[PDB]
*Asks:* 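Here's what I've got: cinaciguat, bound to Guanylate cyclase soluble subunit beta-1.
The first residue of the sequence shown is numbered 1, and numbering continues consecutively from there. Counting starts at 1 for both ligands and their atoms, in listed order. The header says solution NMR.
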Amino acid sequence: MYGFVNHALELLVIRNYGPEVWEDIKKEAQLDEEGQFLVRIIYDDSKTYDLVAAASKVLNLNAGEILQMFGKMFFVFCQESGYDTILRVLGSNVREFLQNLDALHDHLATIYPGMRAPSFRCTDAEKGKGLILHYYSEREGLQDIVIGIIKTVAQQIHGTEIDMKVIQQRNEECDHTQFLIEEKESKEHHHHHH
Ligand SMILES: O=C(O)CCCCN(CCc1ccccc1OCc1ccc(CCc2ccccc2)cc1)Cc1ccc(C(=O)O)cc1
C-alpha cells in the first residue's frame, strides 16, 4: 500500500472520529513506531489490513465499513481541498473515471514515481447492466475501496445510480476477483413524463 492512500486511511480516522481515537488504534495495530505515512515509504499491505482490523475493535466499524467510508471521504476531501485537477482528470465522472484509471497510472506516475501495476478489464455479462470488472490483484479484500469511490462519483456527479458487487473472490480457486456493475440509467433516461 503506497503511502498516499495509507496516509489517507490515517486521515480518515483522525477527521471523522478523532486524533485521540487514531492513536488508540495506532497502538492496537502495533504501528506506534511507524507514523511516517509518506507516499514513498510504501507500507506493507498486511499492515493496512491489520490496521483496519484494529479499527474494527475500537471504532466497532468492520473492515468493509471502513474501506467504503474511505472511498467516500477520499472523493469529498479532494474536492474540498479545491484542487481543480479532480475536475480535469478522470473526466470528473464515473464513466471517464473507470476508463481513465490506467490514464492516471501513467500520468500521475510521471509526477510521483513508483511502480503501479494495473490489471483490470470491463466487460458486461451480456446485459449491459452488469459490467464485469476483472480485478487482478493480490489485495482481494481491498475491494470495498473501489465500491466507496465508484458509486460516489456515479450518483453524486453523473446522477446515475450504479451498484458494484463482488461476484468472484480471488483465492486458490480463482486468481481473479470479479465485480458486477449494475447501472440504472432508467432512473434518468426513462423519465418520459410531463
Ligand atoms: O491492486 C490495487 O490496489 C489497484 C491496482 C490498480 C491501480 N490502482 C488503482 C486503484 C483504484 C481502483 C479503483 C478506483 C480508483 C483507484 O485509484 C485510487 C487511487 C489509488 C492510489 C492513489 C494514490 C496514487 C499515488 C501514489 C503515490 C504517490 C502519489 C499518488 C490515488 C488513487 C492504483 C494503485 C496502484 C498500486 C497500489 C499499491 O501498490 O499500493 C495502490 C493503488
*Asks:* Name every ligand number or chain letter assigned to cinaciguat.
*Replies:*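 Including duplicates, the model places it at ligand 1.
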*Asks:* What source species is given for chain A in the PDB entry?
*Replies:*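 The entry records the organism as Homo sapiens.
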*Asks:* Give, by chain and number, every residue with a heavy atom within 4.0 Å of cinaciguat (ligand 1).
*Replies:*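 Heavy atoms under 4.0 Å: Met1, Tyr2, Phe4, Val5, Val39, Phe74, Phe97, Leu101, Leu108, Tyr112, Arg116, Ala117, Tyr135, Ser137, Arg139, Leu142.
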